[PDB]
Undergrad: 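Below is a structure containing rupintrivir (bound form). Please help me interpret it.
Every chain is numbered from 1 and lettered A, B, ... according to where its sequence line falls, protein lines coming before strand lines. One-based numbering, in listed order, for ligands and for the atoms of each.
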Amino acid sequence: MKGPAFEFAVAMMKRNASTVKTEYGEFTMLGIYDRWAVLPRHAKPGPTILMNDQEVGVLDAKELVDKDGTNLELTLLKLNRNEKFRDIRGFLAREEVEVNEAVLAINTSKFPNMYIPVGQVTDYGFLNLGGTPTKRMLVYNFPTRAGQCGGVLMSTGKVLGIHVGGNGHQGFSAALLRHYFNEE
Amino acid sequence: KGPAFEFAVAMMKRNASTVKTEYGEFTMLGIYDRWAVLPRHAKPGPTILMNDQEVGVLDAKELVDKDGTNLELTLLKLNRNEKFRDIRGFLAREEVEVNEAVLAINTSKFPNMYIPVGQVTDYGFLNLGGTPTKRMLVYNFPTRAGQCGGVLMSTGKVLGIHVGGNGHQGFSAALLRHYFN
Ligand SMILES: *[C@@H](CC(=O)OCC)[C@H](C[C@@H]1CCNC1=O)NC(=O)[C@@H](CC(=O)[C@@H](NC(=O)c1cc(C)on1)C(C)C)Cc1ccc(F)cc1
Ligand SMILES: *[C@@H](CC(=O)OCC)[C@H](C[C@@H]1CCNC1=O)NC(=O)[C@@H](CC(=O)[C@@H](NC(=O)c1cc(C)on1)C(C)C)Cc1ccc(F)cc1
Ligand SMILES: [Cl-]
Ligand SMILES: [Mg+2]
Ligand SMILES: [Mg+2]
């Protein structure tokens, strides 16, 4: 609900977010640093994506799992483009973030530049999501809709995670942690 | 953009509802007492569905200027016991222009969504949906069906109500203080 959180969110989406289509559907994508970006794992990007209606090559993809192989529901993508993202790694936490007030930001054809005050975010942990055991889920209560996956969950100076699932009035993000961007 | 969003979220929580008529689903802003506003195109009947509940309409006034020109707003007096928080002090005497506005929507398609639409210009006259219409405010963003009744706001100001557009251009009817007496 906070002004500064929305101010932060809008600036973040303007600088680093895009609309991406894969063979599996349309998503919000967040650039992280250099040419590295993130999508929900179920976006299932191939060797070419559509980024703001433009064909972009994918040079590497990394589907994130924990040390025991459990799904984290995020895929990191290295893009064949010459433009670089603003390095936003400093806005990513070392561990799953909780906040009193978060904003979920969506950038797709269905929801072009929409911001939703989702209220409190709780570190929920384990969830069987779409039939897949998944960890490091953040939960929040708002009226969820199809097409919001990839939405960026934020608060002032904080990128918490990426929207990946939900049902009815409950939404879940995969926590977006800083160490995910280290080879190890 | 921050202060505009903060003002907008509080306004919607307190004064906005979702309304269904034969002509679709709308965001509806309550103004004071039992008086609310809808786009004229909503064409409310003697009853409306407000947050999924049947609510009687006691009076409906389709606003026109002194020469009968469409303003694209209908004021409705609702048969409800609850009074709206009085927000008339946030309404200007004339059409407002700002560098940064937020458009706020609350429907089943767009439940509690806020859009940074940037600059708002007093465009004036427009032939909208075939009807000559005045006091149009214009802003540039990717417009969508189901956003009518959306509340256009800036820091400490309610500017207008979304009534139309096409492609990447949206229009609000200016919400002027004198409309409410
Ligand atoms: C986003 C995907 C999308 O629409 O992109 C365009 C192709 C979508 C968002 C949810 C739909 C309804 N509300 C949402 O927030 N995500 C999905 O559809 C994932 C699957 C789910 O969310 C399931 N939900 C649950 O399992 C669930 C469990 C609980 C307690 O709450 N929800 C569906 C039954 C809706 C996609 C997905 C994610 C991860 C996977 F391993 C497989 C599939
Ligand atoms: C909201 C009402 C609704 O029922 O949802 C759509 C079915 C809707 C919003 C616009 C739809 C697309 N973009 C929008 O912002 N409003 C309308 O559909 C009105 C009609 C229009 O907006 C027309 N647009 C124009 O005439 C126009 C002209 C210019 C320069 O830019 N746009 C349509 C061609 C989209 C409803 C309306 C208003 C007044 C009337 F007299 C009749 C109908
Ligand atoms: Cl009545
Ligand atoms: Mg193909
Ligand atoms: Mg400007």
Undergrad: Mind telling me which chains or ligands belong to rupintrivir (bound form)?
TA: ligands 1 and 2
Undergrad: Hey, which chain has the most contacts with rupintrivir (bound form, ligand 2) here? Just the name the PDB entry gives it.
TA: hevb EV93 3C protease
Undergrad: Report the chain letters of other chains having a non-hydrogen atom under 4.0 Å from rupintrivir (bound form, ligand 2).
TA: B
Undergrad: Tell me: protein heavy atom nearest atom 35 (C) of rupintrivir (bound form, ligand 2), and distance?
TA: B:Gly165 O, 3.2 Å
Undergrad: With heavy atoms under 4.0 Å as the rule, classify the contact between B:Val163 and rupintrivir (bound form, ligand 2) as side chain, backbone, both or neither.
TA: backbone
Undergrad: What are the atoms of rupintrivir (bound form, ligand 2), with element, lying closer than 4.0 Å to any heavy atom of B:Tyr23?
TA: 4 (O)
Undergrad: Regarding atom 31 (O) of rupintrivir (bound form, ligand 2): of the candidates B:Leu103, B:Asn166, B:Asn127, which has the closest heavy atom?
TA: B:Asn166
Undergrad: According to the deposited model, which residue and atom hold a covalent bond to rupintrivir (bound form, ligand 2)?
TA: B:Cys148 SG
Undergrad: For atom 3 (C) of rupintrivir (bound form, ligand 2), what is the nearest protein heavy atom, given as residue, atom name and distance?
TA: B:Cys148 SG, 4.0 Å
Undergrad: My understanding is that we take every heavy atom of each candidate and find the minimum distance to atom 5 (O) of rupintrivir (bound form, ligand 2). Doing that for B:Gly146, B:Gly129, B:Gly150, B:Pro132, which one comes out nearest?
TA: B:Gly146
Undergrad: Counting each atom of rupintrivir (bound form, ligand 2) from 1 as listed, which ones have a heavy atom of B:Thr131 under 4.0 Å away?
TA: 41 (F)
Undergrad: Determine if the distance from atom 15 (O) of rupintrivir (bound form, ligand 2) to the closest protein heavy atom is below 4.0 Å.
TA: yes
Undergrad: Which other ligands and ions shown here have an atom at a distance below 4.0 Å from rupintrivir (bound form, ligand 2)?
TA: none
Undergrad: What's the shortest distance from atom 25 (C) of rupintrivir (bound form, ligand 2) to any protein heavy atom, and which residue and atom give it?
TA: B:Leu128 CD1, 3.8 Å
Undergrad: Between B:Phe171 and rupintrivir (bound form, ligand 2), which part of the residue brings a heavy atom under 4.0 Å of the ligand: side chain, backbone, both or neither?
TA: side chain
Undergrad: Could a heavy atom of B:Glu72 be found less than 4.0 Å from some atom of rupintrivir (bound form, ligand 2)?
TA: yes
Undergrad: If you have a sec, work out which protein heavy atom is nearest atom 7 (C) of rupintrivir (bound form, ligand 2) and how many Å separate them, to one decimal?
TA: B:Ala145 CB, 4.0 Å
Undergrad: Tell me the protein heavy atom at minimum distance from atom 13 (N) of rupintrivir (bound form, ligand 2), and give that distance in Å.
TA: B:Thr143 OG1, 3.1 Å
Undergrad: Quick one: nearest non-hydrogen protein atom to atom 36 (C) of rupintrivir (bound form, ligand 2), plus distance?
TA: B:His41 CG, 3.7 Å
Undergrad: Define the binding site of rupintrivir (bound form, ligand 2) at 4.0 Å using heavy atoms, by chain and number.
TA: B:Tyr23, B:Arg40, B:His41, B:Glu72, B:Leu126, B:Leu128, B:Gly129, B:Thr131, B:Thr143, B:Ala145, B:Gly146, B:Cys148, B:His162, B:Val163, B:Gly164, B:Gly165, B:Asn166, B:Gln169, B:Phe171
